[PDB]
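Entry overview - Flavin-dependent monooxygenase with prochlorperazine in place.
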Amino acid sequence: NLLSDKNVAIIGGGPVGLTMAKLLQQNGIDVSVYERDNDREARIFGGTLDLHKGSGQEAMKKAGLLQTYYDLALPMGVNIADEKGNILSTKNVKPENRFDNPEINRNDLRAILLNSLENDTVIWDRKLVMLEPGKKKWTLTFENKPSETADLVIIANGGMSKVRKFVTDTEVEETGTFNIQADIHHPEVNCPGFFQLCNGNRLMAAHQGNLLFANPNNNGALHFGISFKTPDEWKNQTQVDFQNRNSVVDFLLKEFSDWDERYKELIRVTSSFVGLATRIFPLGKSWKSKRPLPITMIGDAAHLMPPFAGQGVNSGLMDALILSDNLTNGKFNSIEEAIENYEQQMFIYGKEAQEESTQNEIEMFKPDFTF
Ligand SMILES: Cc1cc2c(cc1C)N(C[C@H](O)[C@H](O)[C@H](O)COP(=O)(O)OP(=O)(O)OC[C@H]1O[C@@H](n3cnc4c(N)ncnc43)[C@H](O)[C@@H]1O)c1[nH]c(=O)[nH]c(=O)c1N2
Ligand SMILES: CN1CCN(CCCN2c3ccccc3Sc3ccc(Cl)cc32)CC1
């Protein structure tokens, strides 16, 4: 085998890195995941994830976890509303499509993947800060923790990874849109009007360059996001301190001044907001060839892209499926060639996904956009 008497280090225990670990481990591969989170009870902020047939779901199938995912996921319909709260479109999930892409909470998905791994596969409180290639092994340097070695390093630590340079000099870029997100607990009580507007479905609305997305039931909480072109005054992210809810409430109430009070109530009752600039890690020219030791990247570390049209985790789970199969099917003469074959495929569907996400972004933020 390519990996017999060798070990693999996966950097990052996100959904992509944990899936990569499971697919390698179940073929007898010595693999560890180093995750910066202090422990597994760390809450993951964000909306739900939906896994697609042919990609995310195919990775779960290969891992024996497809039913586990279905049992914790929820098919959800979609309502499009206007800024006055009129429901313009209602699409519920037809029973024959209930397996197409049901939504799963991110902590639930992490728990599924962790539970499927052998004990002590993930090493918590391990923030990788530097890599160094040796004669045959990488040396991994962690923050204030002892070093580790690995024959193969797989960078899976998300879109802002700083440990990419052995693979590419490409830099993450801001696309020019900005996202504010929040959770409301017990929304049926705390934002009843907007909760009733959703009516069990996800909701999307667009008006004059401001977009609102909401999921009224991410394991009982309501998750929502407000997205817009990054204001020109923010060449230093000025005016809005996201540590100060009053500053954020004031900014959003002005942007949403002509929206229905059900939306304004949502802004008014939120206890804290998270701001996030939209970024892309653009796939263009090939990555570096003839690297000193085998190394590659998967998931957002490889092809972070805007999330507004549903691109994201599924292309990362496709990475893990392809790369793990190449490392274990015994068709390749070296780890480098298995990696090369993975990267060549990923550049094709990754570039397509990026082009679509970037085009979609352009369209959804034109001042007169409607869904
Ligand atoms: C607002 C918004 C909304 C959406 C989405 C994004 C955003 C910003 N996405 C995108 C999607 O969530 C994204 O593709 C995945 O989280 C990618 O998972 P990864 O495992 O690659 O990275 P992810 O960022 O999830 O995981 C990286 C892991 O590495 C760890 N880490 C970081 N640095 C480290 C270090 N130095 N050492 C060790 N560990 C380190 C982190 O703690 C984390 O656990 C999405 N996608 C989708 O498919 N459907 C959707 O609906 C959405 N919606
Ligand atoms: C099925 N999938 C579900 C959702 N995909 C869109 C993800 C958009 N995204 C979001 C975008 C920008 C800022 C914040 C957010 S937060 C959010 C919250 C709720 C919902 Cl439904 C969607 C989002 C697409 C397809």
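Going by the PDB entry, the residues shown for chain A are 12-382, listed in order. Whatever order the structure lists them in is the order used to number ligands and atoms, beginning at 1.
In this structure, the ligands or chains belonging to prochlorperazine are ligand 2. Residue-ligand proximity, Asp61 to prochlorperazine (ligand 2), at heavy-atom distances under 4.0 Å covers atoms 1 (C), 2 (N).
Residue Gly321 places a heavy atom under 4.0 Å from prochlorperazine (ligand 2).
Using a 4.0 Å cut-off between heavy atoms, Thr59 makes no contact with prochlorperazine (ligand 2) at all.
Of the heavy atoms in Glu114, only side-chain atoms (C-beta onward) come closer than 4.0 Å to prochlorperazine (ligand 2). As for other ligands and ions, those under 4.0 Å from prochlorperazine (ligand 2) are ligand 1 (dihydroflavine-adenine dinucleotide). Heavy-atom contacts of prochlorperazine (ligand 2) within 4.0 Å involve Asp61, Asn112, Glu114, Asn190, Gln192, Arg213, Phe224, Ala225, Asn226, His234, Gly236, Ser238, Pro318, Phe319, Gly321.
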